[PDB]
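Structure with PT2385 present.
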Amino acid sequence: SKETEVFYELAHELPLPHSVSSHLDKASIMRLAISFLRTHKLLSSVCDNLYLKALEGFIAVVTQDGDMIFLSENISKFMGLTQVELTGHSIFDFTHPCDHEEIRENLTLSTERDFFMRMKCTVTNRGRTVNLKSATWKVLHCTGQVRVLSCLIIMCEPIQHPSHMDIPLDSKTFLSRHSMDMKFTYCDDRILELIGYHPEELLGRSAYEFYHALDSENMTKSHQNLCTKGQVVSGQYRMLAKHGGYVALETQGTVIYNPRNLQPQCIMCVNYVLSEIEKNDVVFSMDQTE
Amino acid sequence: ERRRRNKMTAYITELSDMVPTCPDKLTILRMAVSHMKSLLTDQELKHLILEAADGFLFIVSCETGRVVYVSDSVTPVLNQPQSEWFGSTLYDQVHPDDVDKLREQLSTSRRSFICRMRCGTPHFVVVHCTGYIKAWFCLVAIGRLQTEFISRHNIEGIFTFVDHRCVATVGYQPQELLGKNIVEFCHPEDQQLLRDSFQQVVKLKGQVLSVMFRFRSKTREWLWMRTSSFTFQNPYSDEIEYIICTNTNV
Ligand SMILES: CS(=O)(=O)c1ccc(Oc2cc(F)cc(C#N)c2)c2c1[C@H](O)C(F)(F)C2
């Protein structure tokens, strides 16, 4: 009796709604309390519905042995799992095992970090929610710093699935569809006005034909990442425009699987042009001569 | 269970190790209570974004583009006074060619897009912006931050890509090399050598071989020139995409 009192005390003195703080078992009150203290601790070393709502991802801080000592509130809006559920638990218990090693390397030891990691997701496309066994894997783009006992402070953005777009799109982005040999099976039609290519010309051409050579290596790794994990965001890179010169693009890509066959059909690319044509004096390629 | 209690104890120990004023269970349960009663913070979430994403927040009227607000994080992110930004227009802070894109994102939901902003103490950095439209209209957004020349050939030796530096290395415009066989620029006596190199890098697929040969400049003079080079294969099909070459004026 006399401890149940002080457990409800601590709970309602956690930074929580009276609502959610009532419901906690004691192991959770331990976890959350400890994570809160740990977290405050890291904060001293470093130094809302707006920021939270304007983010397209969640913030998380993970110790070097993998403990997830803080997860921003809105994580549920993207993974379905909640701050109360996961706080204090290992990142490795909620990520794809074939990513665990990469995660390990990124928790460890320049301070900048950027990778992709598959994490369990229990919210469904459009609204609904499932149970932890019915969990899908979702790829997250993680960028932050490792920092000093060591922590990893990252922002994790889901990569919007191109079939399911909550988010609108401007004139300066266009879609493209590729064979798994990265050929052009379909391309949007603003590609002309933005770069000058007609879709016909591109089809059955390997995207490698249009990379600035200085990019190609970077691009292949992105591709390999895309195939290991299922989504990816490229770094920025320049596509050879048609009449000489080039443009700064940045593409996010998705393999799409055959839902009946269960094999993968192709790759959907959403392509963000970041510039006009640059250096159209210069002809880099054979295409830009004709 | 047995370890159930053991991990509740490991929690308790962990607590006592983190509460500096800090005994038994009831006590640490209550010393924690008072020690947090002393003390996520609002303005600190900001520092979290700054540290993690290198992002700063700003709110701009939709109708005009007026900066109704900018968080001071703008100065670590963009090397900008808060004064330089606040009370201004978003079109003022972006690349001129990003003006149009920008207009579309501010018409009468979520918003997400990319754009070059100005920094300084005329240079631009690329900026990912996310956020949403609230009434007042306005946009609540976060902006975070992110000797030789090189040639590609088909397996025949046809230039299919050169960087502008060929002009400085051999005198030619890129157009005067593109479409032609590198062997056509090779001195007779060396052409077999060049071709041996080209049969070899393809057979020794993947690896870098290097070869030296004379190269007629735009002015006809023979230029000794070392090209290390290697095949590039498609990651999926392993088909030879092309040969990559780095042609260094020896
Ligand atoms: C997903 S990704 O890495 O970012 C990517 C980007 C552009 C990709 O091809 C493109 C699409 C585009 F609109 C302009 C260019 C160029 N240059 C290349 C591809 C990928 C995939 O490999 C792929 F295999 F689908 C092919």
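Chains: lettered A, B, ... by order of sequence lines. Throughout, chain A uses the PDB entry numbering, with the displayed residues spanning 28-74, 88-149, 163-201, 219-360 in order. Chain B residue numbers are taken from the PDB entry; in order, the displayed residues are 98-119, 126-142, 159-227, 259-271, 301-315, 335-344, 361-464. Whatever order the structure lists them in is the order used to number ligands and atoms, beginning at 1. Going by what the header records, the deposited coordinates were determined by X-ray crystallography, 3.0 Å.
The chain sharing the greatest contact count with PT2385 is, according to the PDB entry, Endothelial PAS domain-containing protein 1. Other chains in heavy-atom contact with PT2385 below 4.0 Å, by letter: A.
Taking every heavy atom under 4.0 Å from PT2385, one finds A:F244, A:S246, A:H248, A:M252, A:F254, A:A277, A:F280, A:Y281, A:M289, A:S292, A:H293, A:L296, A:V302, A:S304, A:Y307, A:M309, A:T321, A:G323, A:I337, A:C339, A:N341.
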